[PDB]
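Worksheet for the structure shown next.
We number chain A the same way the PDB entry does; the residues here are 398-493, in that order. We use all heavy atoms of the structure for the numbers below, so side chains are in, but hydrogens, waters and symmetry mates are not. This entry, so its header tells us, was determined using X-ray crystallography, 1.3 Å. Both counts, for ligands and for their atoms, begin at 1 and track the order of listing.
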Amino acid sequence: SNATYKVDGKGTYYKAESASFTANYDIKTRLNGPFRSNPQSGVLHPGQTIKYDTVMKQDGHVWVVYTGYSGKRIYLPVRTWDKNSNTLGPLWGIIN
Ligand SMILES: O=C(O)c1ccccc1O
Ligand SMILES: O=C(O)c1ccccc1O
Ligand SMILES: O=C(O)c1ccccc1O
């Protein structure tokens, strides 16, 4: 599975890909990596748009990654992902 991704030492699938994501929900964002157990960076509120540069699959979700003003990397989950089937849930916002 995930032939177009590489894999890191934590088993996270990742790939460089750039677009914009506009949230349709309040979505909690994370520091350090694509795990809901990680520290919370904050939240995207509906209608807020970020420009991402990396896509990851980990911890039951597809995530997109961007850089905050300070240079901290911020991990935003955008839909569910089942590792054993590669099935994806509906997107939590709009990609354009
Ligand atoms: O689904 C994709 O994104 C894809 C990309 C490259 C080659 C085969 C693929 O299915
Ligand atoms: O931001 C949320 O409430 C959330 C909900 C489901 C899964 C991951 C999440 O960050
Ligand atoms: O499945 C993907 O390749 C993908 C990439 C970016 C955002 C959401 C996604 O499902």
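For ligand 2, the correct option among iobenguane, salicylic acid, fosmidomycin is salicylic acid. In the deposited model, the macromolecule with the most close contacts to salicylic acid (ligand 2) is named by the PDB entry as Lysostaphin. Heavy-atom proximity to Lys425, at under 4.0 Å, picks out these atoms of salicylic acid (ligand 2): 1 (O), 10 (O). By the 4.0 Å heavy-atom criterion, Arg427 is excluded from the residues contacting salicylic acid (ligand 2).
Nearest protein neighbour of atom 8 (C) of salicylic acid (ligand 2), counting heavy atoms only, is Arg433 CD, 3.7 Å. Closest to atom 5 (C) of salicylic acid (ligand 2), if we only count protein heavy atoms, is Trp489 CH2, 4.2 Å. The ligand atoms of salicylic acid (ligand 2) that sit less than 4.0 angstrom from a heavy atom of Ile424 are 1 (O). Those atoms of salicylic acid (ligand 2) that come under 4.0 Å of a heavy atom in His458, given as number and element, are 7 (C), 8 (C). Note that atom 3 (O) of salicylic acid (ligand 2) has no protein non-hydrogen atoms nearby, at separations under 4.0 angstrom. Looking around salicylic acid (ligand 2), I see no other ligands or ions under 4.0 Å away.
For atom 10 (O) of salicylic acid (ligand 2), the nearest non-hydrogen atom of the protein is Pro474 CG, 3.5 Å. With the cut-off at 4.0 Å and only heavy atoms counted, the binding site of salicylic acid (ligand 2) comes to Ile424, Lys425, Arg433, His458, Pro474, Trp489.
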